[PDB]
Amino acid sequence: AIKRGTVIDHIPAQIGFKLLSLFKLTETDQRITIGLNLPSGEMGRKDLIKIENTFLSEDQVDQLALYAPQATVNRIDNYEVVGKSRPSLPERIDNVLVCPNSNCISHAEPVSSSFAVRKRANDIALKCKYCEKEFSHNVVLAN
Amino acid sequence: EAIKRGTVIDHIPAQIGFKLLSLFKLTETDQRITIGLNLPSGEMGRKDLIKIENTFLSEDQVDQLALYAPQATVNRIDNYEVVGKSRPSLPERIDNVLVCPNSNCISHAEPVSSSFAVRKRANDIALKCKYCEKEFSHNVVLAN
Amino acid sequence: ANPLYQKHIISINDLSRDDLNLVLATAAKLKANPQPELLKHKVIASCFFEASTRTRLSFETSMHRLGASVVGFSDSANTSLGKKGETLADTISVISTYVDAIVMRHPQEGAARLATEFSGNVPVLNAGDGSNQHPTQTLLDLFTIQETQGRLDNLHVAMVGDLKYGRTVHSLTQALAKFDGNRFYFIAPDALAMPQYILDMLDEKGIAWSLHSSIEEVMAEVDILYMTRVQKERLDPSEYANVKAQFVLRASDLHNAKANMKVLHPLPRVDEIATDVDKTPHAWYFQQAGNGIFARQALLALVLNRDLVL
Amino acid sequence: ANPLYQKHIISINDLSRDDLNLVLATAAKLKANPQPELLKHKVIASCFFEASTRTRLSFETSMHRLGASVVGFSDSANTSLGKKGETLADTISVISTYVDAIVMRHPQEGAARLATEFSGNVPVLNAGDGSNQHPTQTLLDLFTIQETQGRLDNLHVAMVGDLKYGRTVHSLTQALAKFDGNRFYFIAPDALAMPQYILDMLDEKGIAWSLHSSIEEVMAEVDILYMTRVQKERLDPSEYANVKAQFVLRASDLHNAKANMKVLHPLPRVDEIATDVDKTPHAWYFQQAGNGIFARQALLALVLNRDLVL
Amino acid sequence: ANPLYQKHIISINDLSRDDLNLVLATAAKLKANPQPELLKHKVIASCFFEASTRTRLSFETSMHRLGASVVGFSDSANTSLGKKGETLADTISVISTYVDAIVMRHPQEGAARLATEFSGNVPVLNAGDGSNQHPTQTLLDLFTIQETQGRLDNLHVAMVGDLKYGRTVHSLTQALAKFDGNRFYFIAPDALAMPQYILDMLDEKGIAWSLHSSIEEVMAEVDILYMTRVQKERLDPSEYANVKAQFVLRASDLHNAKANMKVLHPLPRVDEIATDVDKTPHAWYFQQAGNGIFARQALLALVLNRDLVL
Ligand SMILES: O=c1ccn([C@@H]2O[C@H](COP(=O)(O)OP(=O)(O)OP(=O)(O)O)[C@@H](O)[C@H]2O)c(=O)[nH]1
Ligand SMILES: O=c1ccn([C@@H]2O[C@H](COP(=O)(O)OP(=O)(O)OP(=O)(O)O)[C@@H](O)[C@H]2O)c(=O)[nH]1
Ligand SMILES: O=c1ccn([C@@H]2O[C@H](COP(=O)(O)OP(=O)(O)OP(=O)(O)O)[C@@H](O)[C@H]2O)c(=O)[nH]1
Ligand SMILES: O=c1ccn([C@@H]2O[C@H](COP(=O)(O)OP(=O)(O)OP(=O)(O)O)[C@@H](O)[C@H]2O)c(=O)[nH]1
Ligand SMILES: O=C(O)C[C@H](NC(=O)CP(=O)(O)O)C(=O)O
Ligand SMILES: O=C(O)C[C@H](NC(=O)CP(=O)(O)O)C(=O)O
Ligand SMILES: O=C(O)C[C@H](NC(=O)CP(=O)(O)O)C(=O)O
Ligand SMILES: [Mg+2]
Ligand SMILES: [Zn+2]
Ligand SMILES: [Zn+2]
């Protein structure tokens with residue numbers, strides 16, 4: 001139980017460790033607590049990450065919706081929860097993703113990747129700003 | 001928080017706890033894991049800490065840690081009890097986790113597991129590839 | 001200013017119905033009475049990073065008929081990108097300090113889009129980017145359809161051949177779908193089918209389309225029969241069984257066609273259209289090519305002139 | 001069984017001073033008294049995945065002088081590894097069900113060691129693995145140094161040329177370092193210096209060694225002048241300045257040479273030894289090549305025949 | 001003379017059930033009791049016009065175990081056929097005046113049969129002719145199936161991979177079909193199916209066979225799982241979708257396998273057999289390769305030595 005910072009809860013099993021790398025969260029001097037494969041009332045098993053005196057970038061919260069849709073982000077101040085929400089999915093994601101179209105110009109050239117995001121049913125679709133192709137976020141997140 | 005059974009890797013130097021998770025693939029399990037990063041120590045000042053339930057490390061596995069966290073303490077826990085304490089001693093070899101930096105080594109092209117002989121050289125650790133026999137500082141030998 | 005002044009022309013997806021009608025109206029006028037000095041004092045880059053006959057030559061001729069000058073290259077092998085390792089980005093960055101507009105064709109999807117990020121106030125015209133988009137082809141196609149059919153709505157359109165890699169039909173299907181009551185017939189091998197993203201767009205607008213395994217199934221029904229070439233230079237090796245034209249149109253297959261039906265093809269053709277088709281009243285792929293001049297003149301005039309009166 | 005019976009012969013670093021002397025002692029004997037049938041009923045694979053004249057032909061000649069048969073290849077291009085994508089491991093896995101020993105040369109370091117992990121009870125003899133080890137070169141070299149100096153202890157040994165990539169001098173330096181009181185002069189361009197693992201090994205045994213920029217410094221004190229070829233096929237493009245022999249020995253460089261001193265070279269030479277050296281009494285590289293027969297006979301004998309020859 | 005004395009060995013389709021058993025019976029004997037001089041004073045040509053590791057090296061090894069000498073080439077590029085335009089017929093016409101038997105592998109179907117028409121009284125043994133026949137592969141295969149199943153009758157045999165171009169399975173299926181009550185499962189991409197002349201032959205003998213889309217269906221009932229490599233060097237460019245192994249056997253696929261079942265593969269494998277299979281007790285492809293020595297010894301014995309070995 002931290003005093004001030006962030007608690008990312010309801011992370012799906014085997015995802016917790018990824019977020020640590022991808023967001024370089026452990027590259028800090030700030031105290032960190034992590035629980036992997038924790039028992040969950042609503043999930044059975046879950047991962048959990050606590051970071052003191054630290055808050056996510058909008059960059060980091062935007063990406064979080066893809067990685068872990070059902071995850072909750074808690075902002076704590078003075079030993080108390082102050083902000084609690086499911087991370088809001090954006091419509092553009094820059095830099096982190098790689099177009100799975102191998103003949104996309106985005107592979108050879110000094111530009112940041114960029115995708116337009118939408119759809120429900122099952123997977124969510126990412127449309128490359130460059131080649132205009134659209135893919136399931138399953139195929140894309142298998143970078 | 002305390003575990004009933006498994007291994008607690010205490011006294012991991014700062015910024016190392018995460019590497020150990022990545023390198024020895026410690027998170028590739030359904031077992032409950034608990035991690036503390038940047039904890040106060042006093043013996044060390046700042047430290048990392050890894051608890052893994054229902055999981056045990058042989059002397060050799062404990063030894064592989066000597067490259068990264070030599071002053072670490074490995075506590076074997078059973079029935080909420082510390083039933084054994086051991087410290088990493090430099091191993092003779094390190095297999096599988098590293099990749100030989102010689103691009104012309106047969107180990108890259110063929111279905112074999114990597115392997116290096118470990119020796120103390122000056123204030124460094126030198127790794128000799130079992131296959132190509134070239135020697136490198138541990139710093140320049142990457143993982144995968 | 002006209003709606004297309006100083007605009008990049010990258011993808012049909014960024015153009016409205018009105019935008020397309022404007023180019024078509026402007027093309028009609030320029031064909032009727034030429035404006036030989038309309039683009040005087042303009043210098044335009046023609047940068048082709050892959051092969052072209054129709055697109056580059058009609059573009060450059062169009063520039064000259066309007067009085068502009070042309071610089072560029074038809075091969076990248078002697079640019080600094082070809083010999084000194086220069087990026088496309090830097091290439092666009094310097095050329096855009098020289099010229100008033102850039103026409104570009106490139107083997108990678110997205111190259112034209114990327115170019116707009118480095119060309120500042122200089123308009124980029126996509127002459128083709130990989131198997132993605134071919135907007136100026138669609139402009140001439142629409143113009144030709146308009147010419148021969150008197151309309152762009154309520155048509156029965158068959159597209160035949162490599163629909164997967166045909167940037168021509170990606171752009172053309174999108175354009176025709178901005179009009180009302182068009183019906184589509186896709187005749188393609190499975191491995192080279194019309195991509196799902198095009199189909200989904202048709203579904204969202206409530207446009208009827210169906211799949212057919214032969215031309216004869218629809219011959220009596222179609223106003224436009226749009227043939228394509230297999231894009232061998234884009235096939236994955238796994239798709240090499242499709243290199244040969246699966247559907248071959250011959251003069252004899254036209255016996256039950258509508259009288260007004262026209263056979264189109266962006267060209268070049270290999271074997272998908274037999275030479276005995278050329279003399280029939282349905283062949284119109286060369287007149288279609290011919291129309292590249294008026295559509296490309298129109299596009300150039302609209303992008304580089306605030307407004308014109310004609 | 002003799003100490004070397006059924007042993008893999010991969011690296012000098014795995015052998016002891018006693019093993020080396022054993023080979024030499026056996027070589028002496030078979031030269032004096034050939035045993036043309038010692039290896040009758042053996043079949044031995046000769047597998048060369050990069051080029052060879054001396055090593056392959058002398059090994060095969062050795063096999064025939066002892067009565068063994070020979071199978072193999074001098075080129076990997078027509079093996080199933082060359083044309084059908086087969087691994088080296090699978091190649092060794094099948095060959096080791098055919099023959100009684102495997103002699104192999106390969107362009108990647110470690111190849112011989114690998115084969116050892118798939119060859120079961122079939123011994124592997126390393127005819128050279130990339131720039132790593134060349135143990136049978138060292139055996140003939142030692143035999144030659146012994147023949148011409150009367151000893152292998154307390155010698156002054158210069159090694160000249162490409163020391164970084166010379167598998168010959170990696171093996172030979174390690175071997176001489178197993179004997180007492182030898183002294184080393186290393187004459188190399190800085191870019192192709194003797195690797196640090198060799199130098200450390202020498203320091204550990206308190207062996208004296210130093211670097212020199214010319215042959216002339218040490219000419220007066222050397223007993224063995226070991227010349228090498230720049231290993232151009234191993235060189236990184238960044239090391240292409242060293243392709244040309246930096247040190248050329250000519251007959252006039254030998255004025256201040258001890259009468260006992262021999263010039264050795266594992267061969268082939270390019271220009272690092274001028275032809276005028278050939279006629280001088282210091283030249284011994286051809287005699288050296290010939291000693292390959294006796295060293296390689298001995299080695300085959302000890303590995304394939306359980307009893308000490310006599 | 002034994003039934004196979006001085007016989008050409010071209011196609012399994014030319015041999016009877018008795019011939020095959022004869023080879024196998026001779027193989028058993030020579031393995032138990034080697035006759036190192038049975039072929040003393042024979043010289044035998046080993047002529048390989050396409051690539052080989054197992055077939056060529058085991059044949060040559062067999063020749064040496066029996067005391068014969070060996071001449072030939074592993075590459076046609078330095079024959080007068082390779083450089084001076086000589087026909088295969090003339091090549092066989094001269095070689096057949098030198099040697100006592102000709103072992104040949106060639107990339108064109110029918111080559112072995114052709115050589116037979118120019119070789120006079122010199123027997124030709126087919127080491128593989130294009131995608132047609134591989135009779136000595138079948139001999140070792142049968143020996144292996146016999147060794148591990150105790151019989152060649154009433155077996156469940158799956159063959160997986162490229163059946164259209166597999167000379168191995170053309171020969172092997174024809175051979176097993178000469179025995180009673182065997183059952184076949186063919187697991188191939190449709191484009192590389194077992195040819196119709198094999199299937200017709202089976203129907204004529206009332207042998208049961210069926211097609212399957214996965215290994216898992218038949219895993220429970222098979223005694224022999226015969227995996228093959230996609231023959232990419234034989235493939236038409238139109239078949240390039242099948243280059244990648246469509247069926248990959250891994251150790252986990254073997255859970256429901258009978259304890260007696262063996263996995264065979266004529267080798268080389270690419271990825272159709274994952275390396276984790278190597279350690280499981282079903283893996284027998286290396287043991288299989290080793291049986292090549294005994295099958296090929298036996299064959300040489302019977303063709304070149306008039307009396308039945310015993
Ligand atoms: O003072 C606090 C309060 C809460 N937390 C941490 O915040 C996380 C969430 O805070 P809560 O514990 O209050 O959420 P909740 O379970 O009651 O309801 P759900 O979100 O599950 O629907 C908990 O996992 C707890 O570890 C702190 O670290 N410090
Ligand atoms: O700091 C920590 C460490 C560990 N845990 C461990 O996490 C487990 C769950 O703690 P929870 O507080 O999340 O229970 P929960 O009912 O709210 O679970 P949900 O339905 O919301 O998913 C607990 O069993 C505890 O052991 C924490 O909650 N916080
Ligand atoms: O499960 C946990 C969680 C957290 N911690 C946290 O570790 C920190 C130190 O707790 P320690 O128990 O390690 O104190 P220590 O004096 O033994 O430390 P050393 O000298 O051995 O290095 C404290 O911040 C504590 O909350 C645990 O020890 N175990
Ligand atoms: O049931 C237990 C017992 C012990 N532990 C954990 O074992 C770790 C060490 O247990 P120790 O009790 O031995 O720590 P220590 O400070 O007394 O001795 P040092 O190693 O620091 O010199 C502590 O971090 C504790 O959290 C459990 O997690 N569960
Ligand atoms: O190449 C095709 O088949 C269709 C289309 N053709 C053209 O644009 C004509 P050209 O290549 O001669 O300029 C294209 O996408 O390039
Ligand atoms: O190539 C050299 O210069 C030294 C040495 N040379 C030899 O072994 C002689 P060969 O290559 O003719 O067998 C080697 O490492 O291969
Ligand atoms: O090539 C194959 O996959 C099967 C078969 N393989 C062999 O005979 C083994 P090798 O080509 O090494 O002699 C062949 O037909 O050549
Ligand atoms: Mg909760
Ligand atoms: Zn893209
Ligand atoms: Zn190595």
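The chains referred to below are lettered A, B, ... by the order of the sequence lines, with proteins before strands, and numbering in each begins at 1. The structure has been trimmed to a portion of the entry, and contacts are counted only among what remains. Header says: X-ray crystallography, 2.4 Å. Just follow the structure's listing: the first ligand is 1, and inside any ligand the first atom is 1.
- Going by the PDB entry, the chain with the most contacts to ligand 7 here is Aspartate carbamoyltransferase.
- According to the PDB, the drug at ligand 7 is N-phosphonacetyl-L-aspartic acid.
- Lab note: other chains with heavy atoms under 4.0 Å from N-phosphonacetyl-L-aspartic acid (ligand 7) -> D, E.
- The binding site of N-phosphonacetyl-L-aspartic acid (ligand 7) (heavy atoms under 4.0 Å) is made of D/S80, D/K84, E/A51, E/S52, E/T53, E/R54, E/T55, E/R105, E/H134, E/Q137, E/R167, E/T168, E/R229, E/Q231, E/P266, E/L267.
- For N-phosphonacetyl-L-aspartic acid (ligand 7), none of its N or O atoms has an N or O atom of E/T168 under 3.5 Å away.
- Nearest protein neighbour of atom 1 (O) of N-phosphonacetyl-L-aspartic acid (ligand 7), counting heavy atoms only, is E/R229 NH2, 2.9 Å.
- Set against the non-hydrogen atoms of E/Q137, the atoms of N-phosphonacetyl-L-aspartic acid (ligand 7) under 4.0 Å away are 8 (O).
- An N or O contact shorter than 3.5 Å is missing between E/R56 and N-phosphonacetyl-L-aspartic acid (ligand 7) by distance.
- Near E/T53, meaning under 4.0 Å from any of its heavy atoms, are these atoms of N-phosphonacetyl-L-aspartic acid (ligand 7): 10 (P), 12 (O), 13 (O).
- Closest protein heavy atom to atom 6 (N) of N-phosphonacetyl-L-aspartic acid (ligand 7): E/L267 O, 2.8 Å.
- Numbered from 1 in the order shown, with element, the atoms of N-phosphonacetyl-L-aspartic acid (ligand 7) that lie under 4.0 Å from a heavy atom of D/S80 read 10 (P), 11 (O), 12 (O).
- E/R167 NH2, 2.9 Å is the protein heavy atom nearest to atom 16 (O) of N-phosphonacetyl-L-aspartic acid (ligand 7).
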